[PDB]
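Snapshot of lenacapavir at Gag polyprotein.
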Amino acid sequence: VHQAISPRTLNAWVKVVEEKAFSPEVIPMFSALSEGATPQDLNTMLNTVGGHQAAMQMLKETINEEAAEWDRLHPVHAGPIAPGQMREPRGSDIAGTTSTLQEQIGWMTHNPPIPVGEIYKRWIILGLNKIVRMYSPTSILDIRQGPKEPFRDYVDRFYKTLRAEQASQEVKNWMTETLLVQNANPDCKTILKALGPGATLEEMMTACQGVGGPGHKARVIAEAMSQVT
Amino acid sequence: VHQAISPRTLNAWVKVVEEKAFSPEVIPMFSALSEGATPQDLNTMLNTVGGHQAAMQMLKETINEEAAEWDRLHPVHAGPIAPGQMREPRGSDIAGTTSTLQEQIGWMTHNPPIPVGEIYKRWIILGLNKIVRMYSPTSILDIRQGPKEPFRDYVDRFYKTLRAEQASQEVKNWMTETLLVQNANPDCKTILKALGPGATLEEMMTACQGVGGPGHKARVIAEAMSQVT
Amino acid sequence: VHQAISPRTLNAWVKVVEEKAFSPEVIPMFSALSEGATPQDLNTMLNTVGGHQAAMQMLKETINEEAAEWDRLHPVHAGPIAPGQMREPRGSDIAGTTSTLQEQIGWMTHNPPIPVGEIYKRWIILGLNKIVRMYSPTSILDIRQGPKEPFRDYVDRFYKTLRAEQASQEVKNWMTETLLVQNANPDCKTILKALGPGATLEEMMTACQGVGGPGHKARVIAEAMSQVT
Amino acid sequence: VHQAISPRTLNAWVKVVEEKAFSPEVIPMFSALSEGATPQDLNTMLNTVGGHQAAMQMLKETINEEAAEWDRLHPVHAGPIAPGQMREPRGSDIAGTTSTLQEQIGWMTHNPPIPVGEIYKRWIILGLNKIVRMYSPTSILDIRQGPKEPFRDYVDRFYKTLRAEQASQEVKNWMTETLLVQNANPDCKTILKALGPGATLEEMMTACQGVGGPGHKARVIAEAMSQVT
Amino acid sequence: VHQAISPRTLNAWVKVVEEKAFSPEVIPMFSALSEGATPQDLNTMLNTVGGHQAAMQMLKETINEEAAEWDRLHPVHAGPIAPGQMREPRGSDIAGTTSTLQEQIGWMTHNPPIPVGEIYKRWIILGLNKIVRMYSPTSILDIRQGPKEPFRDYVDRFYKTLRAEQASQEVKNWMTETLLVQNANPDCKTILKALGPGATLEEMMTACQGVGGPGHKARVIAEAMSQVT
Ligand SMILES: CC(C)(C#Cc1ccc(-c2ccc(Cl)c3c(NS(C)(=O)=O)nn(CC(F)(F)F)c23)c([C@H](Cc2cc(F)cc(F)c2)NC(=O)Cn2nc(C(F)(F)F)c3c2C(F)(F)[C@@H]2C[C@H]32)n1)S(C)(=O)=O
Ligand SMILES: CC(C)(C#Cc1ccc(-c2ccc(Cl)c3c(NS(C)(=O)=O)nn(CC(F)(F)F)c23)c([C@H](Cc2cc(F)cc(F)c2)NC(=O)Cn2nc(C(F)(F)F)c3c2C(F)(F)[C@@H]2C[C@H]32)n1)S(C)(=O)=O
Ligand SMILES: CC(C)(C#Cc1ccc(-c2ccc(Cl)c3c(NS(C)(=O)=O)nn(CC(F)(F)F)c23)c([C@H](Cc2cc(F)cc(F)c2)NC(=O)Cn2nc(C(F)(F)F)c3c2C(F)(F)[C@@H]2C[C@H]32)n1)S(C)(=O)=O
Ligand SMILES: CC(C)(C#Cc1ccc(-c2ccc(Cl)c3c(NS(C)(=O)=O)nn(CC(F)(F)F)c23)c([C@H](Cc2cc(F)cc(F)c2)NC(=O)Cn2nc(C(F)(F)F)c3c2C(F)(F)[C@@H]2C[C@H]32)n1)S(C)(=O)=O
Ligand SMILES: CC(C)(C#Cc1ccc(-c2ccc(Cl)c3c(NS(C)(=O)=O)nn(CC(F)(F)F)c23)c([C@H](Cc2cc(F)cc(F)c2)NC(=O)Cn2nc(C(F)(F)F)c3c2C(F)(F)[C@@H]2C[C@H]32)n1)S(C)(=O)=O
Ligand SMILES: O=P(O)(O)O[C@H]1[C@H](OP(=O)(O)O)[C@@H](OP(=O)(O)O)[C@H](OP(=O)(O)O)[C@@H](OP(=O)(O)O)[C@H]1OP(=O)(O)O
Ligand SMILES: O=P(O)(O)O[C@H]1[C@H](OP(=O)(O)O)[C@@H](OP(=O)(O)O)[C@H](OP(=O)(O)O)[C@@H](OP(=O)(O)O)[C@H]1OP(=O)(O)O
């Protein structure tokens, strides 16, 4: 079509997703970048969202709901071939799963036009609005050790979140060497600080392996009593 | 139709839901606002309920049960076209899922009349009665930290509830400023007050990160023994 | 039918359920009140049981098994119209789900008679016997705080049970004023008594919010040591 | 008629208004949710705005201004219209006040099309932009007692604003419990604090009834003079 | 005709208005008592409301708005009606201002029926809801003297409110003897108490005629300064 997305349009959409994630600003930008686009172009835009797999699953659920709504309003015709005309779209055709680009173009350019692109755009906008309201991406900054969480479990959660984090490898290494010790609970922080700089992750995990164990509990209790007595 | 809901009727229903939520007063108001309305108007009223999604799901379940009951009382005919007459309504037709507005008007104005609007209204009333009896909306005022609940889990619950709360953003900010520290458990509240005013949420979470850990338990036990000795 | 339930019969059944709940005395009364009644009348009696939803679900399950047994023993005929006679009942027809009142009267008054009312009555009697043996209604008197249960969870259980309780509103308020503090665990009961009369529920929950937390445990341990030393 | 508002679209619009009020975010959401909608659908969306009646009146004034502009640009055509042709829309027809849904659909689905829905959407967007720039909703947090304002007048303003506030009834009770005394002027606030907790609204009003009168002025002047010497 | 309001129905509505004023209970009650009634019966019910003329004016405004909306939905035809046919009702006809009882009956008893009574009752319900939400009746208990308000002006406000108050003459006299001095401002209250019991309204007004004047203010400053000396 005339309004097929240009290379700069697609790149702008990619950069919007990468920089803003799913802040409200994503909704206008998508609306502005995808106007006149076929459902195939919209699917191309959706497929370039790296990460946020849970958010994209949420979006797909919303699209399926809206497709079911469309199918409820549009009943399947009683098998009239109508060789002059073409088949009426279904919800899956609007979402582009069961329709080709030629069919979408034909629906968009027919008289009267069926703007399958704009209908799909509204479905996607509903999904994006739901994501913006509900979804919260994981953040490495939010990973803190629980007061009773073993240090190894905390480290596992930290590294899982770090793997999912959007950052360069150097930045992730820097995050490892600051946040991991920073966001440990006080009991493990004391041990890790006493361990000193240059301690490896294995040394750190060995040093905190007994926190919450009977011996460590006895030790800290006895130290507290000695201080207050 | 003559009794189609007016703009003021729809706005009054919206304001009723926003002001009273699902107090018993909702039941008369709905009854008064929806009399003579087609099932399409009733669905329009139901779609304007913002929030209370669990209550609306309960209402939908009740509507489905009543539609099944109607289907049990009304057997589908043995395919008599009856071109002079029209097809008999099903339960989904009364709820408006499988019927159009024209069909609803045709049933409502036929002689003898099938008041699909009134039947659907009674089903909705049953759902509303169930909601009024059972459903309790979440309240930010009810979020209190458990005696052994970690402060971060409490903060997550608080912010989830605040997100679901019906309030302006300034009011939500004021709620964060007061209720969060107010409704923490005594162990965390002692630390939070020791921090003083002006502490951020991150400083507050770091300060309470050790509550329940071995070191904090030893410290408070030692302080108690020193006081009693 | 000649033995259709009278207004006084239905009201007597309602009063029997309200006063006796599902004590064994319910089984004779039902038997006495429902003799000669159609399945329609029996369903009317079953629908007037307010509350005891779990017991009624048990009764429905028993009725379904008995209907399945009837269907096992009665095979569907090989489609003989038999215009002189009527269709043979199925289990669902005896339970009244798939049968109209006219069909039930026709079966009951046919020669030889098929006493669908009496068969359905025996199914209901089996269900009632099962309820009498197994089902135990929830009681506000039985709601007591566990030794380690947080006060807020106990209060939530108490208020849920109170909502399900069969009592006047004034009686429920009196129960709240007596049983809630009466049935708290000793640790919370001490604090609640120290509050004194006139404390609100919010002040009660605040006062017990720390029971089970480290500070409260340190306090009580130190107090016990001081008393024994 | 393919782009009619779905139940989820209308609910999303309602939630947008309830959550964001008239922050700038409302403008993209509206434009995203109303694409291809008829003027009737747009009016339905506008009627679901609960509260903000003054803002809605500003929007209606903007719409009337734009309709007047349209009428100035499009002069009426004297003489009967052609039987095949339809009447040209006026501003009121675009706004949906004097046009039925069928007429709007006919205008939109025509060769060449008159996009009455999109023109009306632009008018509504102008109104929303004016609201976002100028309208400021009343907030209970901004009700402060003036230095010379009688306490009763301040209480009246507080309760009017609280009635207008978008909040649950429990939240409104909490706001009364906190802000009313918190936001009184110092002269009334010292007396209100001297009253002590648990004071009723009538006791608070009678306690502050004399602030500003000759006796209170004489008393405070004498006390200040005694403090000085 | 069949559902015309009985004498007991009218009396029950009168008692409802007198006992509850415009509490929310007025809405279901009016809904129940007015079912099937003609616009003439509804107008009689509305005319039997004694007092609350501001609320009744609000109701009339709402009715006029709803009549205008109905007129917008129902364009005036050329009216070449057959002798058997009858003129289509307008908003004023539904409200009963321009329609006789016979015309309302004819619209209500017609094929297809035009339920003018029920449409009118919905308009009245919208007005009643507006009243319940917004209107607040004047209460003699709320009349308090302002801190700088002249005593004579307070007396005039009190007597105006007392004249408007719904109460027996003996209760009004008791109100005058109880609340007038009670709800005066502290300076006037001090003088009135010094005046002792048995003083008439003229002595009470003369005793407080100088409060806030130069002599009284100078006197109170002198007494306060002497007290703190
Ligand atoms: C060839 C081409 C032109 C095309 C096309 C093309 C065609 C159709 C669809 C599609 C559209 C709508 C539905 Cl409603 C379904 C469906 N409904 S269903 C039966 O329930 O699953 N299935 N499809 C797959 C279908 F149709 F092919 F079968 C779809 C896609 C979607 C676009 C899309 C991505 C998205 F994230 C969320 C959406 F809502 C829609 N892309 C996928 O679906 C693959 N995907 N899915 C998910 C997830 F599940 F996490 F959301 C994820 C992907 C991912 F991209 F890898 C990314 C990590 C996230 N693209 S091109 C140049 O773009 O390559
Ligand atoms: C075009 C128009 C005239 C129309 C129509 C229209 C037509 C039908 C229905 C509908 C009615 C009855 C059933 Cl019994 C089902 C059904 N039964 S089923 C197979 O089990 O799901 N499905 N539907 C969807 C159907 F029919 F379209 F398929 C329905 C709706 C409902 C109205 C409704 C809302 C509601 F809250 C609870 C109800 F009981 C009924 N609205 C929805 O359902 C969408 N919804 N649902 C839910 C939830 F699930 F949480 F309750 C929520 C929504 C929501 F509004 F977003 C809101 C957050 C809550 N509206 S208009 C101007 O209004 O846009
Ligand atoms: C019109 C009329 C003459 C009639 C009839 C009428 C007709 C049939 C049935 C019925 C009978 C037997 C089965 Cl075996 C099923 C079935 N089997 S199934 C597919 O598995 O669910 N469904 N039905 C619904 C059917 F038939 F309509 F489809 C039935 C009922 C039952 C009577 C009944 C009540 C009961 F408590 C326990 C029973 F075993 C049977 N009433 C309901 O069922 C509705 N109910 N259910 C339950 C629960 F689930 F908790 F037990 C509850 C209700 C409740 F009453 F609200 C109450 C809170 C409890 N009444 S009248 C004057 O009485 O109104
Ligand atoms: C039946 C249906 C399909 C329809 C329709 C329908 C049809 C037309 C109109 C309408 C549109 C444009 C103009 Cl320009 C005027 C007009 N211009 S005029 C002569 O100067 O007053 N009048 N109308 C009434 C008309 F047409 F009947 F005459 C309109 C509405 C508006 C939509 C609207 C709402 C709004 F808030 C602000 C707007 F700008 C437009 N809704 C109302 O107007 C009622 N309203 N008004 C106001 C206020 F004044 F405060 F802004 C308020 C309401 C309220 F919603 F109650 C809410 C508290 C606020 N809806 S449905 C399912 O939606 O019910
Ligand atoms: C024969 C008979 C059966 C009849 C009839 C009869 C016929 C019509 C109307 C009427 C109805 C609707 C509108 Cl919309 C207007 C209108 N619209 S308009 C152009 O703007 O003024 N005018 N009317 C007068 C009309 F029609 F004559 F023109 C009406 C009334 C109203 C009923 C009514 C009372 C009410 F309180 C509020 C309402 F909304 C409607 N009663 C009056 O109006 C007189 N009234 N009004 C007001 C007020 F203004 F405060 F609200 C007050 C009165 C009052 F009762 F004195 C009382 C102190 C309050 N009754 S009966 C019983 O008499 O024997
Ligand atoms: O408070 P309690 O309900 O009495 O539970 C405590 C305690 O839990 P707390 O954190 O709440 O104080 C211990 O937990 P830790 O502090 O050591 O993490 C736990 O000890 P363990 O988890 O190491 O087993 C101990 O269990 P126990 O006494 O059996 O060793 C258990 O006490 P009780 O089971 O006796 O209640
Ligand atoms: O008490 P306020 O309401 O705050 O105003 C007072 C004062 O009031 P009172 O006499 O009741 O104490 C005078 O008002 P009136 O005498 O007319 O009643 C006024 O005018 P005068 O100088 O003539 O006394 C005076 O002065 P000004 O308004 O110029 O400030 C002003 O004093 P303050 O504002 O400083 O309190």
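Sequence lines set the chain letters: A, B, ... in the order given, protein chains first and strands last, and positions in each chain run from 1. Scope of the values below: all heavy atoms of this structure, side chains included, with no hydrogens, waters or symmetry mates. The entry is not shown in full; contacts are counted within the portion that is. Each ligand, and each atom within it, is numbered from 1 in the order the structure gives.
- In this structure, every copy of lenacapavir sits at ligands 1, 2, 3, 4 and 5.
- Lab note - other chains with heavy atoms under 4.0 Å from lenacapavir (ligand 2): A, B, D.
- Around lenacapavir (ligand 2), within 4.0 Å by heavy-atom distance, are found A:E69, A:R72, B:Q40, B:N43, B:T44, B:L46, B:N47, B:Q53, B:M56, B:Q57, B:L59, B:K60, B:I63, B:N64, B:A95, B:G96, B:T97, B:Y120, D:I5, D:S6, D:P7, D:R8, D:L10, D:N11.
- The protein heavy atom nearest to atom 35 (C) of lenacapavir (ligand 2) is B:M56 CE, 3.7 Å.
- Listed by atom number, the atoms of lenacapavir (ligand 2) under 4.0 Å from B:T44 heavy atoms are 3 (C), 62 (C), 63 (O).
- In terms of protein heavy-atom proximity, atom 1 (C) of lenacapavir (ligand 2) is nearest to D:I5 O, 3.6 Å.
- On a distance-only criterion, B:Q57 and lenacapavir (ligand 2) share no N/O pair closer than 3.5 Å.
- The closest protein non-hydrogen atom to atom 44 (C) of lenacapavir (ligand 2) is D:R8 NH1, 3.5 Å.
- Within lenacapavir (ligand 2), counting atoms from 1 as listed, the ones closer than 4.0 Å to a heavy atom of B:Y120 are 11 (C), 12 (C).
- The single protein non-hydrogen atom nearest to atom 40 (C) of lenacapavir (ligand 2) is B:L46 CD1, 3.6 Å, given as residue, atom name and distance.
- In terms of protein heavy-atom proximity, atom 11 (C) of lenacapavir (ligand 2) is nearest to B:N43 OD1, 3.2 Å.
- Lenacapavir (ligand 2) has an N or O atom lying under 3.5 Å from an N or O atom of B:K60, backbone or side chain.
- At the top of the distance list for atom 15 (C) of lenacapavir (ligand 2), counting protein heavy atoms only, stands B:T97 CG2, 3.4 Å.
- When hydrogens are left out, the protein atom nearest atom 3 (C) of lenacapavir (ligand 2) is B:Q40 OE1, 3.2 Å; that is the closest non-hydrogen contact.
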